[PDB]
Amino acid sequence: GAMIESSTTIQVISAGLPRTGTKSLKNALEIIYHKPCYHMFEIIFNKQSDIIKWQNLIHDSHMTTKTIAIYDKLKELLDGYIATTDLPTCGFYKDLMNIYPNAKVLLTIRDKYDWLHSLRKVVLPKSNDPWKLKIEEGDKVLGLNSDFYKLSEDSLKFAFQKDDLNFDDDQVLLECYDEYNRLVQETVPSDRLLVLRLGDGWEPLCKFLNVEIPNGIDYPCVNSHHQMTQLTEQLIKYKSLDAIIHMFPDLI
Ligand SMILES: Nc1ncnc2c1ncn2[C@@H]1O[C@H](COP(=O)(O)O)[C@@H](OP(=O)(O)O)[C@H]1O
Ligand SMILES: CC(C)NC[C@@H]1CCc2cc(CO)c([N+](=O)[O-])cc2N1
């Protein structure tokens, strides 16, 4: 197909929750558009200064005139990106739809129990889980402090629309997961939505986006809980990111 000059603006809004293939999608979108895609990894590795901006945004977003102030902040944060995935953005998908009226919406989904088990190993271990101590240690090596965890928890609460949330309760999380995914499919016009099951790969995505399947490039498969466990252990061992970054080429 012909090469065309794509606009550097948000073209794709992904509503999928963490641990649903969002980093693979981020990588795939960057392969298609040759511009960056937002993801929690963007905050952790490139823009930790964004953390307080997202926290402020979530704080203001329970609240027209104040709507515009928030929408402007949302635009500032996403400037120069061509897509959004993952926390903290995914909870804002309805607002992003208004701000970027020509952007299409994706929903990444998977088996709810596989999701919960992935989440527990990586994002939200039970507070009695000894692994949680390793996660906290690896996080410190990356320079992630209490404000990062606050942003993580608050943006999940915001996505699930729940003033508080027993994070140690599987049944609660499973119910929020199903309800969240259900509400996305109800809220977004089917013309504007593509639902992607883990493992679907390039074809339905590229069709939806009217682009050619990348030549000879397999659809990304990254950010497994096994890989994140290795990253955590390596961070603990070497006490820096830069010491090991060459060992995780596509992941980061
Ligand atoms: N192309 C692909 N095919 C199958 N699973 C994939 C995949 N890309 C990512 N995943 C899975 O999606 C999860 C990561 O999602 P996210 O990037 O949103 O955190 C991981 O699940 P597991 O932890 O169960 O291995 C990872 O294995
Ligand atoms: C030791 C290091 C690997 N820990 C970082 C971890 C794993 C990556 C990660 C990803 C997300 C969302 O994709 C969130 N989140 O939901 O805020 C938190 C974290 N925290």
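For the single chain, residues carry numbers from 1 onward in sequence order. One-based numbering, in listed order, for ligands and for the atoms of each.
- The chain sharing the greatest contact count with ligand 2 is, according to the PDB entry, Sulfotransferase oxamniquine resistance protein.
- For ligand 2, the recorded drug is oxamniquine.
- Nearest to atom 15 (N) of oxamniquine among the protein's heavy atoms is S152 OG, 3.2 Å.
- In terms of polar-atom proximity, defined here as any N/O pair under 3.5 Å, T22 makes no such contact with oxamniquine.
- Of the protein's non-hydrogen atoms, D139 OD1, 3.3 Å is the one closest to atom 5 (C) of oxamniquine.
- Short contacts between oxamniquine and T232, defined as distances under 4.0 Å to a heavy atom of the residue, involve ligand atoms 1 (C), 3 (C).
- With respect to atom 11 (C) of oxamniquine, the closest heavy atom belonging to the protein is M40 CG, 3.7 Å.
- Protein heavy atom nearest atom 6 (C) of oxamniquine, with residue, atom name and distance: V122 O, 4.0 Å.
- Oxamniquine lies out of reach of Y149, whose nearest heavy atom is not under 4.0 Å from it.
- Ranking the protein heavy atoms by distance from atom 12 (C) of oxamniquine puts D86 OD2, 3.2 Å first.
- Here the protein heavy atom with the shortest distance to atom 19 (C) of oxamniquine is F148 CZ, 4.1 Å.
- Listed by number with element, the atoms of oxamniquine under 4.0 Å from a non-hydrogen atom of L87 are 16 (O).
- When heavy-atom distances to oxamniquine are checked against a 4.0 Å cut-off, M228 comes that close only through its side chain, counted from C-beta outward.
- Other-chain residues and nucleotides with a heavy atom under 4.0 Å from oxamniquine are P18, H39, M40, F41, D86, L87, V122, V123, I135, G138, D139, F148, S152, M228, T232.
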May I have the N/O to N/O pairs between oxamniquine and the protein that fall below 3.5 Å, each with atom names and distance to one decimal?
{"residue": "oxamniquine", "atom": "4 (N)", "partner": "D139", "partner atom": "OD1", "Å": "2.5"}
{"residue": "oxamniquine", "atom": "13 (O)", "partner": "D86", "partner atom": "OD1", "Å": "3.3"}
{"residue": "oxamniquine", "atom": "13 (O)", "partner": "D86", "partner atom": "OD2", "Å": "2.5"}
{"residue": "oxamniquine", "atom": "15 (N)", "partner": "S152", "partner atom": "OG", "Å": "3.2"}
{"residue": "oxamniquine", "atom": "17 (O)", "partner": "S152", "partner atom": "OG", "Å": "2.4"}

